[PDB]
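Read through the structure below, which is laid out as structure tokens, and then see the notes.
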Amino acid sequence: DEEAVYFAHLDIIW
Amino acid sequence: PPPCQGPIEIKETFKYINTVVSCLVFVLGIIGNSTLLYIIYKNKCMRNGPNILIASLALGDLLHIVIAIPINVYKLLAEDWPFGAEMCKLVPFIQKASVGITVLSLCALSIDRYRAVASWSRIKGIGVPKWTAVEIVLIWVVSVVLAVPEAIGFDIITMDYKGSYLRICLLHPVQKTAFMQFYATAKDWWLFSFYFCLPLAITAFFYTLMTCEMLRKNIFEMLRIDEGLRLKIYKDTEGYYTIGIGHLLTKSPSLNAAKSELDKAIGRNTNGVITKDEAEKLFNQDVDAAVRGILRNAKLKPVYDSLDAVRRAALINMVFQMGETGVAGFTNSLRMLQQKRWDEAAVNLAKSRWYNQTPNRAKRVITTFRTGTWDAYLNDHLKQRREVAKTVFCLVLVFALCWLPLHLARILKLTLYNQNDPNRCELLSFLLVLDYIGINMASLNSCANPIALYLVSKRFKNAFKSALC
Ligand SMILES: CCCCCCCC/C=C\CCCCCCCC(=O)OC[C@H](O)CO
Ligand SMILES: CCCCCCCC/C=C\CCCCCCCC(=O)OC[C@H](O)CO
Ligand SMILES: CCCCCCCC/C=C\CCCCCCCC(=O)OC[C@H](O)CO
């Protein structure tokens with residue numbers, strides 16, 4: 001799930 | 001595994017609008033929470049139990065606004081994590097700690113105000129109770145203990161996304177221990193169940209129990225004003241010994257026998273004199289007995305079931321004065337009350353002998369039917385209970401609204417994201433803007449708590465004007 005770890009790179013911290 | 005028609009991205013137009021919003025929430029949150037903590041510290045009339053729990057709520061929000069907005073604003077604009085692995089563990093730990101402080105202080109405030117209704121001294125919020133200090137230290141300790149899994153599980157990932165070097169501060173997908181490997185799976189449900197569903201369910205429960213006891217005190221004040229409170233044994237219009245709010249003791253002509261009936265009813269040797277709290281407990285039993293007879297009465301039960309709480313009190317008021325039979329004789333006015341035809345019923349009831357013989361009491365009860373409020377019986381104690389109920393209702397309403405978007409954005413990510421779809425990547429671009437809006441909203445709770453207290457509390461409104469003068 002590498003499109004997911006890029007999501008967490010752009011996403012907020014929560 | 002399947003590819004996607006586009007790169008997960010956020011429009012620069014969005015990044016500039018949201019950042020302006022995040023700047024306003026931060027400045028208003030710091031000012032509002034600091035002044036709120038300032039007026040609670042300065043003014044000595046506001047140094048009580050319930051306000052101390054509010055200060056714990058204010059500090060938790062002041063702590064959250066400090067570590068949430070300034071780092072998510074940077075994460076939006078700079079798109080990288082340059083703070084090392086210590087801040088990657090420290091920031092989410094303090095975040096979940098501060099959030100836990102606010103939801104538990106909210107829960108403690110709802111429990112405290114429910115227990116305070118029974119005593120007039122407590123509902124005024126006078127002084128600081130004993131276990132107030134140890135409750136706060138438990139709230140903060142339990143908050144940081146539950147935030148511990150957030151600290152150890154976070155780390156910096158270094159990966160390759162289409163030839164780009166990425167420093168990603170995140171919760172590591174694979175953990176050493178088995179418990180932490182399980183925490184990473186259902187973390188969003190733990191946040192949704194414990195930091196939203198449980199506080200809303202706990203506060204709504206104790207708020208409901210509080211207003212139910214407030215309802216019983218409204219009716220007692222209503223009947224005390226209309227019928228009268230007698231704390232010494234007296235004879236009614238028929239010569240029978242009576243106490244309290246129209247409570248018949250016995251039909252015996254022996255005052256001494258009547259005194260023993262009183263002692264049986266109060267559970268105390270009263271010598272003919274009872275206290276206001278004993279008359280109230282005796283009155284609450286008379287209401288429950290009156291309601292049981294109404295619900296067993298075929299002509300009053302349908303009307304009573306359809307009425308709201310305030311208007312049910314007005315009907316109980318009439319039964320206390322005239323009895324079940326005499327009230328059931330108002331066959332037409334009762335019909336209009338069941339059809340919610342207030343003004344017509346108000347006009348019809350004013351034609352009665354009841355209105356002609358006791359016009360003052362009748363006007364008050366009719367106004368209660370017409371409006372459905374306690375405006376005809378507004379008194380000193382009702383206002384205090386009314387101010388308390390408004391205070392906790394707005395604080396939990398501000399909480400639920402401010403934390404709904406962020407909690408919503410995480411629960412639809414769990415249930416609608418399917419990594420096998422080809423077009424799923426660009427719905428995260430819509431979740432990207434929701435998760436950043438949900439950060440501004442949850443931070444608005446820090447700003448909306450002082451605004452709510454300013455609008456519902458006369459003392460907070462004046463203390464706020466004093467600090468900004
Ligand atoms: C609509 C939701 C339905 C309700 C579901 C959620 C409410 C759970 C209630 C209690 C469990 C948590 C207890 C928290 C601590 C209780 C402290 C306490 O018991 O206070 C003493 C007071 O005298 C008591 O009347
Ligand atoms: C310009 C100054 C203000 C002027 C405005 C006047 C104030 C309105 C007050 C009550 C509304 C009365 C209607 C009540 C609405 C609820 C519907 C109802 O059923 O009540 C009437 C009853 O049904 C009859 O049979
Ligand atoms: C002619 C009029 C016909 C009908 C008149 C209806 C108009 C409502 C007026 C007074 C309601 C009094 C309620 C004041 C608040 C008491 C309840 C409370 O304190 O609860 C917190 C509240 O939910 C915080 O939003």
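Numbers restart at 1 for each chain; the letters A, B, ... are given by sequence-line order, proteins then strands. Method of determination (from the header): X-ray crystallography, 2.7 Å.
Drug at chain A: IRL-1620.
Ranked by contacts, the top partner of IRL-1620 (chain A) (the one with most) is named in UniProt as Endothelin receptor type B. At a heavy-atom cut-off of 4.5 Å, the residues contacting IRL-1620 (chain A) are B/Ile8, B/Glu9, B/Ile71, B/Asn72, B/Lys75, B/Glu79, B/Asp80, B/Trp81, B/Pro92, B/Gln95, B/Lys96, B/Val99, B/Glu150, B/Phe154, B/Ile157, B/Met159, B/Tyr161, B/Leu166, B/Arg167, B/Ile168, B/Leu170, B/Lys187, B/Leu191, B/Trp403, B/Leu406, B/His407, B/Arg410, B/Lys413, B/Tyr417, B/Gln419, B/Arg424, B/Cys425, B/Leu428, B/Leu431, B/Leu432, B/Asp435, B/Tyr436, B/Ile439.
The heavy-atom interface of IRL-1620 (chain A) with chain B at 4.5 Å consists of A/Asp1, A/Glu2, A/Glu3, A/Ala4, A/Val5, A/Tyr6, A/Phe7, A/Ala8, A/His9, A/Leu10, A/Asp11, A/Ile12, A/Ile13, A/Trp14. UniProt numbering, N terminus first: transmembrane segments of chain B with heavy atoms less than 4.5 Å from IRL-1620 (chain A) are 2, 3, 4, 5, 6, 7.
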